[PDB]
Enquirer: 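I'd like to talk through a structure of carfilzomib (bound form) bound to Proteasome subunit beta type-2.
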Amino acid sequence: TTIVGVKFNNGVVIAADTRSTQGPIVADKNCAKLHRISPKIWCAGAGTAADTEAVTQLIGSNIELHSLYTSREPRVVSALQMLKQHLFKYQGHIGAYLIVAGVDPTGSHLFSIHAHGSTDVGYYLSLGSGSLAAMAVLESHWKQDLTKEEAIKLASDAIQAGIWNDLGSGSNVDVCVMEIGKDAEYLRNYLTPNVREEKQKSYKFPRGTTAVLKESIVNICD
Amino acid sequence: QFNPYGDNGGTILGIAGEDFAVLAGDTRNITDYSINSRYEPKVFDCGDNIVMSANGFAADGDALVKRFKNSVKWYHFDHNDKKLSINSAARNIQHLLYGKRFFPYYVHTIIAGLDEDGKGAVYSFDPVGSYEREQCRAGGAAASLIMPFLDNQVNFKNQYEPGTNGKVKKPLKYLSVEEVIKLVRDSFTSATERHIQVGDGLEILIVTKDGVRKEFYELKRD
Amino acid sequence: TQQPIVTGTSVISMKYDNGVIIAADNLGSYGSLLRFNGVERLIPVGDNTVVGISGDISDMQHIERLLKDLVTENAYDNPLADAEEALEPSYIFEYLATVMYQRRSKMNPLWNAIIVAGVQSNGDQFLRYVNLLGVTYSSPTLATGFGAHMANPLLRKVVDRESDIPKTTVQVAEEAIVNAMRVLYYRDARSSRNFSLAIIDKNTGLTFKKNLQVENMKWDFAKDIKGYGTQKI
Amino acid sequence: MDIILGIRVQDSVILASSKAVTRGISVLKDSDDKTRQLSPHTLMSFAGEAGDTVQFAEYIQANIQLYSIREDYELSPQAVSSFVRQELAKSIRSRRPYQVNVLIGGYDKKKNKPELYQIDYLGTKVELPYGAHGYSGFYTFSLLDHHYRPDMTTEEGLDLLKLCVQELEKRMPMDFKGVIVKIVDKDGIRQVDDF
Amino acid sequence: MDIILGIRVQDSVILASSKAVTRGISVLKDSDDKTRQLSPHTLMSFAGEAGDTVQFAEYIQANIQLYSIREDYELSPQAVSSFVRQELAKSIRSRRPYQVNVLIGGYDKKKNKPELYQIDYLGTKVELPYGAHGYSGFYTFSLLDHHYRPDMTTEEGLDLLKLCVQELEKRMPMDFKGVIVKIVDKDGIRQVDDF
Amino acid sequence: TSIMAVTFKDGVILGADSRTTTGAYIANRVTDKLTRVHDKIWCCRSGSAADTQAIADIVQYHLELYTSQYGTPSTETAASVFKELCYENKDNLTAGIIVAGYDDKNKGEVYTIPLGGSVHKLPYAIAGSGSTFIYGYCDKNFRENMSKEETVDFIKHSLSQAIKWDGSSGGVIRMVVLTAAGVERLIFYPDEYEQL
Amino acid sequence: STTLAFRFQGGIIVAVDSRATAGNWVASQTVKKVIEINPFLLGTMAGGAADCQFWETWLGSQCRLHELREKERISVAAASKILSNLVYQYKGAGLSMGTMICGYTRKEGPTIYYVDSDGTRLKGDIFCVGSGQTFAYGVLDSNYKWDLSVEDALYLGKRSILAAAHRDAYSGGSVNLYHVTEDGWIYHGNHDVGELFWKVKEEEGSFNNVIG
Amino acid sequence: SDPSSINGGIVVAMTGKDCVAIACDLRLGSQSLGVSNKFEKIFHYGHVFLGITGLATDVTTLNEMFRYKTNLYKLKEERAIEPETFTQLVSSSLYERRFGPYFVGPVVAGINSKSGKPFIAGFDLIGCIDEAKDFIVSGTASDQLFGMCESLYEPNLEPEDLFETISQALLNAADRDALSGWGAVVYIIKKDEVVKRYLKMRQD
Amino acid sequence: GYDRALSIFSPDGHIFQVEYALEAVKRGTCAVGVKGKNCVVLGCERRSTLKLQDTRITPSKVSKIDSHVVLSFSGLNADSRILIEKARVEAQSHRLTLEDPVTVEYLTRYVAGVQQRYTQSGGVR
Ligand SMILES: *[C@@](C)(CO)[C@](*)(O)[C@H](CC(C)C)NC(=O)[C@H](Cc1ccccc1)NC(=O)[C@H](CC(C)C)NC(=O)[C@H](CCc1ccccc1)NC(=O)CN1CCOCC1
Ligand SMILES: *[C@@](C)(CO)[C@](*)(O)[C@H](CC(C)C)NC(=O)[C@H](Cc1ccccc1)NC(=O)[C@H](CC(C)C)NC(=O)[C@H](CCc1ccccc1)NC(=O)CN1CCOCC1
Ligand SMILES: *[C@@](C)(CO)[C@](*)(O)[C@H](CC(C)C)NC(=O)[C@H](Cc1ccccc1)NC(=O)[C@H](CC(C)C)NC(=O)[C@H](CCc1ccccc1)NC(=O)CN1CCOCC1
Ligand SMILES: [Cl-]
Ligand SMILES: [Mg+2]
Ligand SMILES: [Mg+2]
C-alpha cells in the first residue's frame, strides 16, 4: 500500500491507493483503504488487510457506544488511544499500520499508528510500502498554511508517486476531506489514471463450445 | 551470507505460425518492490534468424545471451559461414546451460525462428538445459497466468465443435501474424493487470524469411 | 563471501538534453557510526566519464585503482589516446560490469552499486547501472540504495520517459538532483549534508563540483509538534 | 499398523486389515485385529500411531454403544461416520491430536445399501466404492480402477480383494503378515477365517 | 541389500544372501544375487549403500582375477580378506567412502580348511565360525550360539541355516524375499537352487 | 536516540534529539522524546517507541491518581513507578528512560533507568545510542551548580556531537527547562548547532 | 512421471507418459520420455528432465563410438553400464535419474536394465519407474503373463500408464508406446489421455469411480 | 506440509447480465495420490452459494458451520439470508479464528432477492473481504484462473454465454495444475432458477 | 621430464629407432604360431647355451593374458613384461565395463596401440 495524510488551513485530508496484493498477484484492483471510525474521524490503513479492517471496525464500534454514552461527538485522540493500546497489547501480531485523522470539538488532528502500538504526530505523514515514494513528494512540495485544494493536490500527488514507482501500490486514488464545521466528504476513486485499454479481441465463445456431461435444476426454494 | 542470485521479474512469450514466429517480452526490470528500468530490452536478435530471451535473473540472462551470440559467431568461423539452424542452436544452448549444472543460470530461456523447412519454430529451456520444441510457450513471472490462455487460444484446448456432443474437437490450424499479435497484446495487458512485476512496455520480435522485424506497445506503468 | 564494513550511501543521477548529472554524498559510514566525512565517491575517468560508487569503501578504492590503471594501459602504444582511441563511458562500464559479474561468479563479490555516467564521442548520453550481483540496467534516471526509493520518484517527475530528455535543461535537471539530495538528508539515517556533484555535458565538457551543502531546509514546523498524541505542553 | 483396505460391492462392504504389529526390528504380533464393531451393522478399521489407534477406536465404540442403549436404535453408517469425522476434526486442533486413519464400513438398513467411508486423521471424510489408507492406496487404487465393477457380488469382491493382497505381498517392502477380512451386510458383521 | 549370513562348518563355508532389492515403497527385484566369485575357491557376499555395493565387489573381483592371471596361482582366503580389508581401510578416510559390508567365504587348498571372514565398511576384519551383517545378527548370533557345533557337515549346516532364515522370516519387519544359498568347499563354489 | 538530563542551580533541564528510525529510514525527523508525566516531572525516552510510550502513559495515569489522593508526588516517586514497570516486565521491554523533575524542597533531580530496570540517581545522565560518543566530552565539561545558560550550552554542545557521530540521532534538539518559575520549551535547529 | 517396460513372449513392451512438472505447475504435456539410441536400443527417462535428456543423448554418442571402434552394435548390458558407471562418478552430486535401457541383440536376446542415479543397475523382466510407478505396477502385475500376445501386451502397457496418469497427480498428458523385437524397435503411436480415458472407460467398463 | 495445498482444488465465480456463475473442480487428493473425484466444493444456504477451496477438513467443517448459522438466522429473522449479509457473516467467523485459522479460500456468490443485483465476493483465510464486479478466483490454480479470467472475461454476458466463459476459464486453468481437475461442476444462477452442469474434462 | 624425440624420421623416410627395434626382435629366440581347424598352437625356441637353469621358476615364453588369450614374443625379455602387464590390466578392465572378455583382435589392437605410442612419444624408445 501507499497511504498519506496532510493537514491544511481548516482541517485535514487523507488519501490512499486501491491495490490489494497476494504475493506478486494483484488480488483487488479497486479496494477501499479509507475507513470510517466515526462520521468525522477517518482512517487510512496499510499492512495486513484483515487486521486493518477488523481493528478499525472494533474501535469504530466502541467509539459509537462511547459517543452515545457521553452524549458527545467523539475525539480523534480517543480513537488514537484505543487503537494503540489494542495494537500494543498484541505485540505487533495484529499487522495494522494506520493514519488516523479527523475533526472534533477540540479541532483538527492527524496521527499515525504502527502495528506495535507507537504513535506519531505531524502535519504530513505517509505509511505503507510506497511511503518512501510518497514522503519524497511530501518533503519536496509541502509547506505551512496549505489550502483545501492545495492539500488535496499534494496528498494525491504523494499517492501517485507510490502508484507509479512502488510495485506494492497501484490503480486509483481515494481521498477523504475532513474540514472543521462541515461534513466530511469521502471522495471514492478521486483519480482513475489506470483505466484498462480496449482489448484487441473479444473472447466470447460460440455457444456449445464446452463439453457437458449432466444438467439439473437446483432447488433454492423451501 | 552472500546470495549470488536475484529476481529481476518480467515475463516472456513465444508463438509459432506457419511461415513466421514471434518472441515477445515486457520491457520492465525490477528488484523487490522497486522499478529499475521501464525500458530494458531482454529479447535479442542473435543472427541467423534466431531471436532469443533468457528471463529471470538478468545477470545470468545477459551472460547466456552473450555466450550464445558468441557461439553463433564461432560457428561461422569454424564451419565456412554455415547458417546455424534453429534445432542446432537449441542443442548448443542445452550444453551452455548444462555446463553450469552445479551452479545454474537462473533463467527460463526461449528462442524463436524458422526451421529448415521454413516453418515457424519455438524452443523453450529450463534453467539446466532440458529443451522442447513447441507451438507455444510463456516464460517468467507471469507464465502461470499467460500459459493456460495460450493453451486455449493457440492450441484450442478444451474447445469442442458446437452441437457435436463434446465428441469432435475444434480443429487445429495455424494463426496469421495479425491474429498472433492480438493474442500477445491481450496476454500481456491481462498479465499487467494481475501481476505487479509485469508492465511499462511490450516489445515483440517477429521472424519471417525476410528477416527480423520489431514492434513496440505501451503497457500500464503502475 | 564478504560483509561490508565502511560504507557509502545513495548515488543519484539523471539525463538531460545535452548530457548527464550525477551526485553522491561525502560520507564513509561504519555501521551506525558516521566515521569518515571527507570521502569522495565520484571518480572521473578522462574528461567524459564519472563513475559513482556506493557500498563498501575498501572495494571502492580497489575499483579506483583499476580505473586509474585502465587509463594508463589505454595510453600504451596509442597515439590517439587523447582523441579517437580515448576511453569511452561504454568501454569503462562494460569493463566494470565484466569484473562485477566475474567476482559474483567466484562467490567473492565487490560489495558495491555502481553508476557510470558520461557522454559518448558521438554526443550521446551514457548512463548505466551495475552492482555486486553483476546486474545491469539503464534508465533516464538511476539511483542506488535509498536513492532508488526516494530520489527516482522525484527525478522521474522531470524525466518520465525518453521523449522528456530533450525538453529538460541542465538548470532544471541540477535543481532536481540538489532537491533529491536534501530529501535524502531528511530521511536517510546514513547520509550527510556535504556532497559532490558532477555534470558531463557534450558542449561544456566535465564540470566537477566539490563541497556542496544541503540548504533551504524546512525545520521550523518542528516547534509546534508536542508529545505523541495527547500532550499540550 | 499399516495396511487397511475397504471395498463396497452390490450388497456388502468388505474390510481387509493387516495382522502385523511391529516395533523396531521385531514383529511383536502376527494376529492383530485392527477393527472394532461400533454397532451390529457398522464396522470401523483403523491404522496410525501406536496407542492412539486403539484408544480412539474404543472411545468411538463406547459412544456409539451408549447412543444405541439410550435411543434403543441403531445409528446409520452416514450418521456414525459424521460423528467420527467431527471427533477427528476437533482432535487435529487439540494439544495432542489423535494420529489415526479410519475406514467405516456399514450397511444402512433403512436404505438397504452398503456404505464405505474413508476418514483420515485430519477429519477428511469421503464416501467411496473402494478405499485404502497409507502406502497401500498407491497400488490398490489403480488396480481397483481397472478390475472393480459396481454390481459385483460378495464372492467377486473377495477375489478382487485377494488380487490386492497378492499385489501388496509382491511389491510392498514390509512383511505385514497377511490380513483379517470381515464382511458387513444386511445380516450384520462376520469374519472370513480362511484367507 | 539387507540380509547376508555366513556359516563355516567342518569342510565348507555356506553363504546366504537375501534376494530383495527395494527402493522406496517398491520391491524392484526379488531374485538378486548379492555375491561375486573372487576366485575358484573364494566367494564374497556384500550389503550396504546402493551402487557402492556392486561397484566395490566388482572392483575387488577384477583385482583378484588380475592377480590370478599374473602369478598363475590362487590367493588364499586369508590373503584375499586382508587385501579387501585394506581397501575398505583406505576407503573410510576417503572423500566418499564405500559404504559396503562384506562376508568372505573361502576354502584354503593348502591348509584343507574352510574360512569365513566378516569385514565391515570401516575395515574391521574378524575370522568367525558364523557371521552376519546388519540387523540379521541380532537374531542369528544367539540362535547359532545355541545350535552350532564345529564338526557339523554341510547338510547339517544347511538345516542350521534354514533355522536362521525361518526366524528372520518370523521376526524381521521387512520382506526380504528369501535367500540365495551358496557353498564353498574343496571342489569350488556351487549354488543351492531349491531353498 | 541521543538523550540527556542535567541538574543545575535553579533546577533541571532535559534534552533530546528528534530522530525516529526504522533500520536506516527516518520514520520521523521531528519526534518529541521529552514527555510530561506530571506538571514538573518529565522524562526522556530512548529505546522502543511503542514501549516507552506505553510505559509513560501508565506512569502518567499512576501519578494523576496519586495526586488525587496524596497531592503532588516527588521526583523519586515517579522514578520508582517507572522502575517498577521496567523491572517487572524486563523480559518484554526495550526502554531506556531518564526521569527528571523539580521539587521545591529537593530542587532538581535526575534518575536514570537502563534496560535492566535498575534505578540510578545522578547529577546528570546521558542515554540512547548516541550517548556513547559523548561520555568523554560530558564527563570533562560537566560542573555542578551551573547557570541556566551554561547548562543549555552544555546540553546543546553535547547533543550536537552525539548527533554528528550517531546516524541514529539527528533533526532538531528539543529541550525542556524545569524550575520554580515554571516549564519552558526550547528548540534548536541544524543550522545553529551543526556549526558549533 | 510414470514409465514402464516389461519382457514377454513377443519381445519387449515400453510405455511412458508425457507430463513434465515443476512442483504443482504442469509445465508440459508433450515430453518425449523415450530416447531412440539406435534401431535396436531404447532408453526411458524419469526424474530430472535435463539430467535424463542430457546424459541419455550422451549415452547414444558413446554407443555410436562403440560400433565405429568395434564394428559391431553395442550390447544392452554394456550400454546400460556406461550410463550406470557415469552416474556413479556423480554420486552425491545430486543427479536425479530413473532410467531403463531396453533393447535386443543376438547374444543377449531381449533385455531390460534398470539404471538409477544412486548407481543401482538391475537386469529384469518387469520394471516401473517414476512418481506413478506403483499405480502402473498394480495394473501391470495383476494382468501380466509371459504368454501375452503382441496386441494384448501393447494394450496392457498402455492401460498401465493410463492407470497411473489418472491416479498420480504428477503423471499424465499422453501415452507413448514402443514394441521391441528381434528386428528392432517399432513405434506404436502417441495416445492422448484426454480421449483415451473415455474410450477405455466406455469400451472396457472400468473406471467406475469417475462420474460417467 | 502446506495445509492449503495438501488436498488441492479450485473455485471460480463470475457475474453476467442479471445472473451469476460459480464453478469448482471435483478432485480431492493427498498430495500426489488422487483419492476422490466426487468431492464438490460448492454449497448453498437458501439462494446464497458458497464455494470453498483449501484444506478439505475445514471445507467440510465450515459448510456445516454456515449451515448451522444460516438456519438459526432464518428462524429468528423469518427470512433467507442475503449474499451481502452472508459475506459479512463469513468474514466475522473466519476472523474469530485469527490466530488459529481455517486454511480455506471461500467464495460467496448469489443474487440479492430484493434488489435483483448480482453479487460475488472472495476471502483470504482470516476473513478479509474481496468484493468484485467481474470475477473471483480461489485455490491451488488461482494464478492460472487469474490469467484465464482476466483475458476471457467481458461484462454483461448472457447466462448461456457466461457458462461457456467460466467453464473454459476453469478447465484450462485446472489442466495446468497437478492438484486440480478430475471433473468439474458449474452453477448458473438466475433470479429464480438455478442450473447445475457437470463438465467433461481430461481425467489426469 | 625427459622430453627428447628419440624416434624421428631420417632423410630417406625411415625411423631408425623403430627399425633398430626390429633388429632386437631378429636377435631374439624364435617363436612360431600355427592355427588349425579347431585350435591354435604357439611354439617357442629356448637357446641351449644356458645349462644349470631352473625351468620351474624361469619365466615361461608364452604368457596368459586372460583365461582365453595367450601371448608369446621375440626380442627383449624385459620389454615384453611391460606389454604383458598392460594387456592383462586391459583384459580385466574390459570385463569390468563391457561385462564380456576381450576379443583376440581387440587385445591385439590394444597391445599394438601401446607399441605405436612409444614410436612417437618424447623421452621413450
Ligand atoms: C499494500 C498494497 C501492501 O503491498 C497495502 O499495505 C495493503 C493494505 C490494504 C489492502 C489494507 N496490503 C495488502 O494488500 C496485504 C499485503 C500483505 C500480505 C500478506 C501479509 C501482510 C501484508 N495483502 C493482504 O492482506 C491479503 C488480502 C487478500 C488479497 C484479500 N491477504 C493475504 O495475502 C493473506 C495474508 C493473511 C495473513 C495471515 C497471517 C499473517 C499475515 C497475513 N495471504 C493469503 O491469503 C495467502 N494464502 C492463500 C492460500 O491460502 C493460505 C493463505
Ligand atoms: C534511538 C533511535 C536509539 O536508541 C532512540 O532510542 C529512538 C527512541 C525514540 C523513538 C523514543 N528509538 C527509535 O526510534 C526506535 C529504535 C528502536 C528500534 C528497534 C528496537 C528498539 C528501538 N525505533 C522504533 O521504535 C521504530 C519506530 C517505528 C518506525 C514507528 N520501530 C521499529 O523499528 C519496530 C521495532 C519493533 C520492535 C522490535 C523489537 C523490540 C520492540 C519493537 N520495527 C518495525 O516496525 C519493523 N517494521 C517492519 C515492516 O515495516 C515497518 C517497520
Ligand atoms: C514426472 C512427471 C515427475 O517426476 C517425470 O519424472 C518427469 C520426467 C520427465 C520430464 C523427463 N520429471 C520432471 O518433470 C521433473 C521433476 C523434477 C523436477 C526437478 C527435479 C527433479 C524432478 N521436472 C523437471 O525437471 C522440470 C522440467 C521443466 C519444467 C521442463 N524442471 C524444473 O523443475 C527446473 C529444473 C530444476 C532443476 C533441477 C536440477 C538443478 C537445477 C534446477 N526448475 C525450474 O525451472 C525452476 N522453477 C520453475 C518454475 O519457475 C520458477 C523456477
Ligand atoms: Cl515517539
Ligand atoms: Mg546524525
Ligand atoms: Mg494425474
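Labels below follow one simple rule: chain letters A, B, ... track the order of the sequence lines, proteins then strands, and each chain is numbered from 1. Counting starts at 1 for both ligands and their atoms, following the listed order. Lab note: partial entry displayed, contacts enumerated inside displayed portion only.
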Enquirer: What are the identifiers of all copies of carfilzomib (bound form) in this structure?
Expert: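 It maps to ligands 1, 2 and 3.
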Enquirer: Please list, by chain letter, the other chains with any heavy atom under 4.0 Å from carfilzomib (bound form, ligand 1).
Expert: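 The other chains with a heavy atom that near are A, H.
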Enquirer: Report all residues and nucleotides of other chains within 4.0 Å of carfilzomib (bound form, ligand 1) (non-hydrogen atoms).
Expert: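 By heavy-atom distance, those residues are A/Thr1, A/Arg19, A/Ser20, A/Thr21, A/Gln22, A/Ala27, A/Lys33, A/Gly45, A/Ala46, A/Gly47, A/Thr48, A/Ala49, A/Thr52, A/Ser129, A/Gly168, H/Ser4, H/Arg98, H/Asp124, H/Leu125, H/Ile126, H/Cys128.
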Enquirer: Note all other ligands and ions lying below 4.0 Å from carfilzomib (bound form, ligand 1).
Expert: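 The other ligands and ions are absent.
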Enquirer: Where does the entry attach carfilzomib (bound form, ligand 1) by a covalent bond, in terms of residue name, number and atom?
Expert: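 Covalent, to A/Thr1 OG1.
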Enquirer: What designation does the entry use for chain H?
Expert: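 The name in the entry is Proteasome subunit beta type-3.
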Enquirer: Would you check which organism the entry records for chain A?
Expert: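 Going by the PDB entry, Saccharomyces cerevisiae (strain ATCC 204508 / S288c).
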Enquirer: Relative to carfilzomib (bound form, ligand 1), which UniProt active-site residue of chain A is closest, and at what minimum heavy-atom distance to the nearest 1 Å?
Expert: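 Per UniProt, closest by heavy-atom distance: A/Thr1, 1 Å.
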